[PDB]
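First comes the structure, then the notes that go with it.
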There are 2 protein chains.
Amino acid sequence: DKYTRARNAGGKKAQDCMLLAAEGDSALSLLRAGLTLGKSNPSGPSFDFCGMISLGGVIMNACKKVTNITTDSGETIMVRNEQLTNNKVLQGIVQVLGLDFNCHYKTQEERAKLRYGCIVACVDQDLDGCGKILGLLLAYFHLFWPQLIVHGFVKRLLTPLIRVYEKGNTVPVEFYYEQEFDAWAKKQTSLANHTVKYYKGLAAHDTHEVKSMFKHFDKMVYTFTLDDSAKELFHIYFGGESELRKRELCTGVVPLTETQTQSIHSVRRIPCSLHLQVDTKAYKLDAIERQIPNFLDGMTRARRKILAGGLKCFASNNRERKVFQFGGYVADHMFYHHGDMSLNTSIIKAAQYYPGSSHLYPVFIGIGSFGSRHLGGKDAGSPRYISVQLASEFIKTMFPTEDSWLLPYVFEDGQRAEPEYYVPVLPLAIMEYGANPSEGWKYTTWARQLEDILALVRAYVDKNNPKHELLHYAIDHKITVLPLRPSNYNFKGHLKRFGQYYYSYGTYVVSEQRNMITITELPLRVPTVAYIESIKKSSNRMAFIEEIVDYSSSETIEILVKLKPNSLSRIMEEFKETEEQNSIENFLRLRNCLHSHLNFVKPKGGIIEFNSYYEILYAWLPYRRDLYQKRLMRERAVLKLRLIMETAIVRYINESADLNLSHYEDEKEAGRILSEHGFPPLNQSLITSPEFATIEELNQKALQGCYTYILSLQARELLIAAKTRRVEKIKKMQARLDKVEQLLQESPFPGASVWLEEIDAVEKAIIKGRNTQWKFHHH
Amino acid sequence: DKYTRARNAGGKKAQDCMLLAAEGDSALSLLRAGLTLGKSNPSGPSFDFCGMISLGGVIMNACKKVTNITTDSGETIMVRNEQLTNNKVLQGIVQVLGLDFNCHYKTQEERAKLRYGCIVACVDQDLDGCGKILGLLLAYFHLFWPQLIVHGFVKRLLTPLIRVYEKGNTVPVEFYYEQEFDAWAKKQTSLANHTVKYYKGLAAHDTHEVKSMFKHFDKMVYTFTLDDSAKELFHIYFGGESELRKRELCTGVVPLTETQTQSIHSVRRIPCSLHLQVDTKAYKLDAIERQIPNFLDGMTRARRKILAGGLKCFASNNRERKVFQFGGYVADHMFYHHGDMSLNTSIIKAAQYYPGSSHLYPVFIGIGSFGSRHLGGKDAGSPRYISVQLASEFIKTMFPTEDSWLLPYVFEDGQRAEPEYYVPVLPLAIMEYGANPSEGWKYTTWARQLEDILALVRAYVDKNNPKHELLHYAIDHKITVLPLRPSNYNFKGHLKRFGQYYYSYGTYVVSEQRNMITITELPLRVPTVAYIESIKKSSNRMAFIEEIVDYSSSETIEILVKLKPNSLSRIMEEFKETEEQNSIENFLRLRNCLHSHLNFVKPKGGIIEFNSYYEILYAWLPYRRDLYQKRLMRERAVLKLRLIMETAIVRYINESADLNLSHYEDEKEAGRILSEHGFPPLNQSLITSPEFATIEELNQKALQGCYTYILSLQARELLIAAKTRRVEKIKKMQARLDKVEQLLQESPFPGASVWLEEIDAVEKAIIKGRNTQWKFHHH
DNA sequence: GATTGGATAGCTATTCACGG
DNA sequence: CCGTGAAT
DNA sequence: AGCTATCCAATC
Ligand SMILES: COc1cc(NS(C)(=O)=O)ccc1Nc1c2ccccc2nc2ccccc12
Ligand SMILES: COc1cc(NS(C)(=O)=O)ccc1Nc1c2ccccc2nc2ccccc12
Ligand SMILES: [Mg+2]
Ligand SMILES: [Mg+2]
Ligand SMILES: [Mg+2]
């Protein structure tokens with residue numbers, strides 16, 4: 001309860017006081033600082049007429065918790081959920097404002113009973129603040145007291161996130177959306193004399209800006225208004241039907257026309273339907289993009305940033321670092337503008353490894369406590385006391401280093417960030433476990449057998465496999481010719497397919513001579529403590545058992561169960577036996593069903609729904625093949641340029657004494673003399689280690705050349721051994737060049753043998769990691 | 001209430017159950033992993049007879065919170081105050097153990113009533129856990145129930161601190177103290193095949209390691225035993241007399257002899273007196289070292305680390321950074337092995353600036369809110385939302401950049417860290433405000449007037465000042481000839497010296513047409529809120545006042561005292577008007593006394609006590625003088641070496657076409673022919689950038705070198721323009737060399753004029769900072 | 001009791017889907 | 001009712 | 001994102 005009352009709140013001047021609701025604590029501090037500006041300006045808000053309160057992060061969604069029931073007289077009353085009534089934030093809001101769940105406030109006399117004139121929401125300009133928190137608050141108010149919105153009881157504090165200043169002019173130009181900002185920027189010829197400022201939340205606007213904004217306080221308050229359509233909109237974005245969200249979120253967001261925003265800014269009334277259509281839709285699309293993995297990479301945006309930052313950090317030396325320090329480094333270098341605790345949790349999850357864990361091939365090696373098979377991995381240590389390091393042996397084979405220069409990249413404010421997506425050697429999307437929800441769709445994936453995947457890919461790329469010709473299709477690409485069965489690496493149970501569903505069964509053994517029943521393997525991905533709690537809550541099963549206990553150490557589980565005398569007969573009697581599941585498995589809940597929700601995010605943004613793992617594999621193959629071809633082409637261009645440069649270098653070295661470079665005056669004279677002598681001008685910085693640059697860029701930049709590759713020659717290279725090593729290197733480049741030229745004309749596509757070798761290397765690395773419990777050089 | 005009771009604990013097997021008291025959740029996880037072993041370690045501890053509890057706090061010193069009173073029955077009883085009774089950790093411990101404060105437990109019958117047979121402390125091996133926590137626990141038990149310590153009711157878990165593994169062997173060796181490991185390693189012939197591992201606490205250990213520890217569990221439990229001496233020793237370390245700690249902590253810790261440690265490791269019993277004399281004394285000495293400033297530098301260890309880290313970080317660019325990110329950088333790069341919140345608080349305190357603050361000259365510019373005169377500076381923002389940057393001008397003028405290469409340094413694991421101490425141009429120890437306690441001592445300093453300090457230093461250095469001669473002493477250097485008065489920069493009150501004490505007075509005015517009392521200034525360093533609460537607390541003062549009001553701005557003080565009508569008379573009558581302070585000041589408490597406790601830390605460890613600021617200045621002067629001399633000599637030597645190198649380089653570049661280096665085969669042939677031609681062999685890397693080498697190191701490593709400075713020359717240098725620039729550089733270096741030679745011979749000591757120029761520069765920087773409210777290029 | 005600095009770490013609730 | 005990851 | 005208590009000393 002962070003309420004800071006107003007002096008006139010609840011008194012005879014209640015109908016002109018204001019209540020400020022802050023998204024978090026930074027907004028609280030900014031509001032307090034602005035309010036405590038008395039005696040410097042008689043005009044402006046102050047604590048005698050304004051309130052102060054905090055919402056505390058995400059607020060609850062009332063539209064799902066409430067349930068509508070009709071009465072005898074046809075009245076429809078909304079019963080509020082037990083959890084809904086016990087929420088502290090909503091209770092505090094309703095107590096401070098003195099709202100009633102029975103009065104409809106249809107008349108001004110009823111509106112006079114509230115303790116404040118109006119409620120003003122102060123939230124950040126980011127997607128989360130404007131779309132989720134404000135949207136949820138609007139949904140709450142619309143659901144319970146729709147009439148309040150009509151009479152302008154709900155207002156918001158609109159603050160820009162972009163400010164462009166021009167030196168010599170004291171007033172800036174403010175943009176509330178990036179679209180209008182960049183449209184204005186591209187409209188102008190040059191902004192080199194200007195300066196742009198972003199505001200990631202209300203943790204900005206230095207005291208000068210705070211004073212300037214609070215001077216014109218009334219110019220920032222915007223009143224929400226209601227229309228007819230908004231009703232059916234509020235049900236779509238916050239109702240209990242996810243099908244409507246699926247249909248709504250399958251398309252993009254249409255921005256507001258100029259007339260609409262002109263009316264909004266001239267009158268300062270915002271229709272809630274427009275707010276839902278723009279801000280909430282944008283937030284939901286961003287949430288989909290953040291919480292659902294890409295079908296090529298298999299990882300979400302946060303995990304991709306983590307991997308890129310880890311590669312950058314541990315490229316120098318693979319030394320352990322604290323999770324907090326590494327997360328801070330990642331947030332600093334990868335431009336992660338969210339809370340650090342979420343990043344640390346994501347790192348910890350990515351580094352975990354145990355039977356049944358989400359990652360079969362984690363990209364990190366964890367030093368410390370990183371969860372266990374029991375407790376579902378939630379028993380991990382704090383990020384301040386555990387360390388992670390790069391599993392370089394597996395990474396350098398799964399994500400080839402030379403292919404990183406060719407992926408499309410994500411640019412923030414003109415700076416490079418983590419790539420848009422990686423293209424692994426083997427399809428990682430269908431090679432690991434995962435399960436989590438998002439807006440509209442849910443994602444769930446059970447890993448496939450490694451041997452089946454290897455056989456399929458080797459058939460596709462081998463050109464010598466007896467099944468290669470039929471894997472390629474001259475009829476259609478829906479037929480299945482090879483099995484893709486669920487993996488059972490760390491699983492001692494069984495997997496059986498019935499109809500269209502795969503079921504996993506744990507294994508047990510029964511010693512009737514003593515009346516003891518012991519289970520030795522639980523089904524796939526079930527925590528032991530959760531399983532024990534589940535088997536204890538069922539009183540029907542609990543009746544037969546005297547006691548159950550465990551002696552599982554850290555990775556192998558066994559439960560021993562002593563049940564009441566002469567209970568087995570009743571066990572078979574009450575619990576039916578079927579070919580899908582026997583009496584004992586039904587009794588002990590040793591059967592699990594593997595449901596798959598193959599919903600991913602396509603490279604160009606958006607969602608995509610698959611029907612089988614074969615579709616994912618067939619979609620992933622062309623990207624990898626094209627990446628191989630592009631890599632080879634750029635490699636050939638680089639070799640040609642490098643050969644030309646090295647031949648010129650050797651030619652200069654041969655006759656360096658004759659030239660007598662010391663005789664000439666300066667750089668330009670020497671360059672002119674060299675050009676007169678026939679030395680070609682190249683781009684040394686673009687050829688010795690080019691860039692993320694592409695091939696046409698390579699040619700264009702190599703067109704304009706300098707003579708720096710001669711002037712930067714150390715005297716040590718002028719000896720004889722250096723020249724001999726240089727010509728040997730030239731021979732090696734020539735051999736590599738004609739080898740890759742031969743590789744280019746290869747069937748079925750260029751670089752098939754390279755793919756085969758990478759497959760073998762990654763298979764060996766995976767085997768080595770499995771042998772040492774995924775702790776390389778630590779066994 | 002973290003507590004997992006043992007199965008047998010409660011009164012049936014209470015005599016064999018043991019309770020493990022740990023530090024944090026890391027120890028909890030380690031102990032849980034050890035105890036959960038089953039069917040793989042049958043002879044080992046388990047939850048049948050092992051307790052589990054977390055302290056979850058810090059232990060209060062009970063010896064200071066109790067009162068001993070003798071009743072009429074000739075019995076001395078100890079009554080505990082409210083805070084001791086209400087402490088959560090002690091209450092939990094006494095409830096779990098079921099201790100009685102009336103039973104003396106002198107026999108086995110009363111001891112059997114306890115819920116556990118023994119209590120085992122499981123703390124880290126660092127100074128904190130071993131010293132502070134264990135000493136406080138032992139003090140608690142000895143104060144209340146000595147017989148429990150006598151009968152071995154208290155034990156500790158002794159875990160190895162450092163372990164070295166022999167490659168090819170599965171058994172390492174263990175050391176519990178750093179000195180033992182250091183002695184063994186120095187005595188050991190070679191350790192290339194040996195792998196050392198530090199265990200900072202027990203949060204980091206191998207699974208096989210903990211498996212072995214719980215395989216041999218009783219080998220790591222040591223019982224504490226009492227003796228005759230300890231009865232008084234506790235009173236020295238935890239009693240109410242600080243003089244005993246002053247007399248005890250003024251010397252180093254005497255290590256345990258070989259016979260004592262051999263007996264301890266043989267019988268597994270530890271005398272409590274030895275533990276107090278070693279671990280607690282070491283911890284207290286470390287606390288003194290890290291909580292009291294150095295009299296030369298003027299800052300503590302944490303502040304020195306912060307300053308060095310800021311200098312290293314903001315060198316590339318002065319762009320602002322968030323406080324938490326900068327703290328993470330400092331912790332990473334200078335090996336800060338403590339919590340991040342402490343570092344963030346220290347940085348915030350170092351960057352603060354307001355009237356009456358502790359830092360008249362902050363080493364940081366703070367963007368955001370950093371507190372104000374009211375609330376004493378505790379109203380600053382969160383470290384995640386306020387930015388800091390380096391005050392480049394003041395730092396560069398106060399701590400010269402070159403001198404940083406010549407200070408003694410602190411080494412961690414063979415790597416450099418923050419300097420041992422800094423030697424600023426002006427003595428910063430007596431130009432700031434400070435007040436804080438530490439073990440056995442208190443530090444309190446009131447800043448001196450800048451003008452007096454400048455005059456004193458100049459008279460000591462100018463050699464032309466008419467006061468220079470008698471400032472030096474041919475009779476005795478324990479006399480004062482110049483004033484040293486408290487500074488009044490942001491002070492509009494009065495300062496008056498009476499006897500041996502300075503007093504600060506506020507300023508007040510009176511108006512008789514209402515009898516309005518207006519306070520325009522408070523004494524030095526008193527927050528407004530605390531003063532208001534103090535004036536309200538005393539009944540006899542505000543009983544004559546109805547109201548008090550204050551419209552105080554961010555930097556101004558005004559208090560209006562709405563007091564009773566016709567009241568002045570008994571204010572004069574009651575509150576006595578003395579020559580030291582008038583009745584009105586006595587009635588508003590506007591007089592303060594400036595007490596100074598000048599206790600500092602010597603450069604080579606230890607504490608030192610001064611009697612006046614003149615002593616501090618006199619001690620500080622020779623260090624700066626010697627540093628100036630050493631800097632001048634090192635620069636002279638470096639200049640000579642660089643002149644030789646550049647002359648040789650010029651000669652080569654001049655006659656390079658003659659030798660025709662292309663003819664020779666490899667590096668050795670080129671070196672041989674160069675030596676034959678007479679080019680001297682030097683250490684190019686050292687002379688180009690020594691950065692830490694002493695004056696003798698330059699000479700010793702000059703002759704042993706290579707011919708790298710020739711073979712690393714590029715073609716661009718062979719041109720005429722490069723040679724002309726080189727010869728111009730040679731001329732400039734010669735001019736600087738003979739200028740330095742002139743500076744070397746200079747009365748009274750070398751480099752006096754340099755000191756004068758730097759004094760003028762720092763004075764100008766200070767004035768510029770004062771004029772812009774210590775916000776450079778931000779006004 | 002209060003007050004100053006530099007050190008000790010672990011809790012506080014939700015949103016989004018779709019099956020148990 | 002619970003439970004997953006990524007966010008306030 | 002914030003919120004939770006104590007140790008040292010000497011004067012108030
Ligand atoms: C409802 O969200 C919060 C409420 C409170 N206090 S209350 C009204 O329930 O008595 C405090 C914090 C939060 N929000 C939380 C977070 C917000 C931002 C970032 C991390 C957060 N982590 C939280 C963890 C547990 C509970 C609330 C958190
Ligand atoms: C659980 O919190 C604490 C645990 C300990 N454990 S131990 C054996 O090292 O003494 C010690 C102290 C705390 N409490 C802490 C705080 C309590 C109140 C207010 C602020 C606190 N700040 C802390 C900062 C770091 C560590 C513990 C703190
Ligand atoms: Mg935000
Ligand atoms: Mg510790
Ligand atoms: Mg910690």
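Naming convention: chains lettered A, B, ... in sequence-line order (proteins, then strands); numbering from 1 in each chain. The figures that follow rest on heavy atoms only: side chains count, while hydrogens, waters and symmetry mates do not. Whatever order the structure lists them in is the order used to number ligands and atoms, beginning at 1. Per deposition record, electron microscopy, 2.8 Å.
Structurally, the main neighbour of ligand 2 is the chain that the PDB entry identifies as DNA (20-mer).
Looking at ligand 2, the drug there is amsacrine. Chains touching amsacrine (ligand 2) with a heavy atom below 4.0 Å, listed by letter, come to B, C, E. Source organism of DNA chain C, per the entry: African swine fever virus pig/Kenya/KEN-50/1950.
For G24(B), the closest heavy-atom approach to amsacrine (ligand 2) does not fall below 4.0 Å. Of all protein heavy atoms, the one lying nearest to atom 8 (C) of amsacrine (ligand 2) is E23(B) O, 3.5 Å. For atom 26 (C) of amsacrine (ligand 2), the nearest protein heavy atom lies 4.0 Å or farther away. There is no protein heavy atom closer than 4.0 angstrom to atom 18 (C) of amsacrine (ligand 2). When heavy-atom distances to amsacrine (ligand 2) are checked against a 4.0 Å cut-off, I133(B) comes that close only through its side chain, counted from C-beta outward. For the residues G57(B), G129(B), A121(B), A27(B), the heavy atom positioned nearest atom 4 (C) of amsacrine (ligand 2) is part of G57(B).
Closest to atom 24 (C) of amsacrine (ligand 2) among all protein heavy atoms lies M341(B) CG, 4.5 Å. Atom 2 (O) of amsacrine (ligand 2) has its nearest heavy-atom neighbour, among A21(B), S342(B), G56(B), in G56(B).
As recorded in the PDB, the name for DNA chain E is DNA (12-mer). Distances from atom 22 (N) of amsacrine (ligand 2) to the protein include no heavy-atom value under 4.0 Å. The residues of other chains having a heavy atom under 4.0 Å from amsacrine (ligand 2) are listed as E23(B), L55(B), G56(B), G57(B), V58(B), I133(B), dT8(C), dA9(C), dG10(C), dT4(E), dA5(E).
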